[PDB]
Peer 1: 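Got a structure for you, written out below as structure tokens; questions coming shortly.
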Amino acid sequence: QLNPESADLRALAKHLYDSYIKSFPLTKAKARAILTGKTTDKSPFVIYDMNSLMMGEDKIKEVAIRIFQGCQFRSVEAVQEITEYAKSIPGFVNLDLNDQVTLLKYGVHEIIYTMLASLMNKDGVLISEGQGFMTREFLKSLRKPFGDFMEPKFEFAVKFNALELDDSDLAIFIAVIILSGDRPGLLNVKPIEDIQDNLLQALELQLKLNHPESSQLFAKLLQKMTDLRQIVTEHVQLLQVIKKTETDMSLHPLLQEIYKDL
Amino acid sequence: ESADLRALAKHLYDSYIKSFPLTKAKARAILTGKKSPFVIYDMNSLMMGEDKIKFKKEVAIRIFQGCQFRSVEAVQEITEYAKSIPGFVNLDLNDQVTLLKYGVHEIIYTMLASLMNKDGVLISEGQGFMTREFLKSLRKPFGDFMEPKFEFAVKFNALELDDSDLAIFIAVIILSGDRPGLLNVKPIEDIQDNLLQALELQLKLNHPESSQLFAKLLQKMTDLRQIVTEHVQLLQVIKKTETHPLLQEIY
Ligand SMILES: COc1ccc2c(c1)c(CC(=O)O)c(C)n2C(=O)c1ccc(Cl)cc1
Ligand SMILES: COc1ccc2c(c1)c(CC(=O)O)c(C)n2C(=O)c1ccc(Cl)cc1
Ligand SMILES: COc1ccc2c(c1)c(CC(=O)O)c(C)n2C(=O)c1ccc(Cl)cc1
């Protein structure tokens, strides 16, 4: 049943889950509760058009660019949360400082899209800490350059969410993503792969115990990692179109460094 | 199932051995040193190997075209192999075509790695060895079409997989249920599910040593698809060169 090796893996899964809850205010469990059905101030105000958007700004704490800026800041914040979480991953802070930067530089967006799926269903996405919900249709109808940014995330989210992972699963998966080893520019790949192998072992057991009847969930989840890369690249090219189409459009420095020479 | 997975593994290996002329074991012997292949390291050596070895104006272009000739050949070998995978033939015909159309490229690079090392690649069934430098020394954008494969190969070969491993991995690549246009994704995923179990057992029995090799191999699929997207890119750019009708059709 349980053994010395298996026991260390469960301890790691728990540590990671506990750190995950402490680092990310809006978990998938909370997201799903708001999306499925409640009464408490859990019910989100829905934005599906210009007027409703107008209304949401009064109920929630051109539009194309206003949505852009809001989504832009939330990513900066997400980077901060992910960065905080990364430090809790055993051995991560002990690695060469440059590699810590490299790992974050490349894992941050893959993680952002992974967790964003937790806030999405086929019809829309929770915003402003769960207070609002912006429909998929509204986002897809935005001015040419802007109405093409979210669909690819929704397409991914609908399929990824089909795996039915919960937060304890995601906590370990997110750690695996960060501690890659095949990221461009890494100095000491060995120590990084040793940590990842251990996280992989933890994720494998975690999925088997939490999802007994889900055959090869582990392999299916790992394959999803390719969907994430695709999302990142595609997103980058779309970002380049924006930089040129809206010379009056900014872009937070933090995000700008992540994308530099990516 | 313990035994049902090994039967599947053995079956794929046997079929893979029969569908693919040059195996990794075969190529490895030839690559490290175990008939010394003709080496193409520069222009004159190529020219010599052409009439001396006999393969099948402007070198960069002819080399690029030879890559296509071999790719098309490989496709038939892969198609035949795909047909030996249990369940494949019973799938909707259009899906089979969809799965092959999107999978051959991934498989081509996977297998191409078996014939590469950090210094070059084995050509024309091991008879030759085109050097990595000669390839990188090609002009226009041609001196950069093989390099990404080498970099992928270098990383992929580090897993030290053997033919029996690759046989199952290649079947997994073919039965990808996320290919665009599929009409009945279920059977495809049910087969890949069965193949993934077989691949997992195979890697644990064949390499007790390397921890999480199964997971590491699957992560390599991220790399593969990038090599492909990237390859499709260069191919379109190449579509901007002046320097048949029936051949252009075949390819
Ligand atoms: C998945 O990408 C998005 C897209 C739109 C977003 C957000 C995130 C967040 C943040 C979040 O969801 O956590 C908010 C608040 N969005 C807004 O709709 C918005 C609307 C008007 C203004 Cl002025 C500013 C922001
Ligand atoms: C959670 O995933 C996303 C999705 C879209 C994003 C971003 C992050 C970031 C932040 C980043 O990429 O670091 C920017 C700047 N996005 C946009 O360009 C954008 C354009 C138009 C609209 Cl309507 C909404 C968003
Ligand atoms: C699985 O599909 C392929 C695709 C391309 C290939 C090969 C196999 C092999 C392996 C083989 O042919 O045995 C080689 C050597 N490829 C070349 O890059 C190449 C380049 C220039 C010329 Cl002129 C000829 C071949």
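Chains: A, B, ... assigned top-down by sequence line. Residues displayed in chain A correspond, in order, to the PDB entry positions 203-263, 276-476. Residue numbering for chain B follows the PDB entry; the residues present correspond to positions 207-240, 244-265, 275-461, 466-473, in that order. Every heavy atom of this structure was used, including side-chain atoms; hydrogens, water molecules and symmetry mates were not. Order of listing sets the numbers, starting from 1, for every ligand and every atom in it.
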Peer 1: Pick the drug at ligand 3 from rucaparib, phenolphthalein, indometacin, sutezolid.
Peer 2: indometacin
Peer 1: Please provide the name that the PDB entry uses for the chief contact partner of indometacin (ligand 3).
Peer 2: Peroxisome proliferator-activated receptor gamma
Peer 1: Which other chains sit close to indometacin (ligand 3), with any heavy atom less than 4.0 Å away?
Peer 2: B
Peer 1: Select the closest option to atom 5 (C) of indometacin (ligand 3) among B:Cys285, B:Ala331, B:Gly258, B:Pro227, judged by heavy-atom distance.
Peer 2: B:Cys285
Peer 1: Looking at B:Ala292, which atoms of indometacin (ligand 3) are within less than 4.0 Å of one of its heavy atoms?
Peer 2: 1 (C), 2 (O)
Peer 1: At a 4.0 Å threshold, what atoms of indometacin (ligand 3) neighbour a non-hydrogen atom of B:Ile341?
Peer 2: 15 (C)
Peer 1: What source organism is recorded in the PDB entry for chain B?
Peer 2: Homo sapiens
Peer 1: What residue and heavy atom of the protein are closest to atom 15 (C) of indometacin (ligand 3), and at what distance?
Peer 2: B:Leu340 O, 2.9 Å
Peer 1: Where does indometacin (ligand 3) share space with the UniProt rosiglitazone-binding residues of chain B, that is, which have a heavy atom under 4.0 Å from it?
Peer 2: B:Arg288, B:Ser289
Peer 1: Does indometacin (ligand 3) have a heavy atom under 4.0 Å from the side chain of B:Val339, from its backbone, from both, or from neither?
Peer 2: side chain
Peer 1: To check your reading of the model: name the closest protein heavy atom to atom 18 (O) of indometacin (ligand 3), its residue, and the distance in Å.
Peer 2: B:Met364 CE, 3.2 Å
Peer 1: To which UniProt domain do the majority of residues of chain B contacting indometacin (ligand 3) belong?
Peer 2: NR LBD
Peer 1: Which nucleotides or residues of neighbouring chains are within 4.0 Å of indometacin (ligand 3) (non-hydrogen atoms)?
Peer 2: B:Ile281, B:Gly284, B:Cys285, B:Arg288, B:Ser289, B:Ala292, B:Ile326, B:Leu330, B:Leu333, B:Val339, B:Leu340, B:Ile341, B:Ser342, B:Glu343, B:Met364
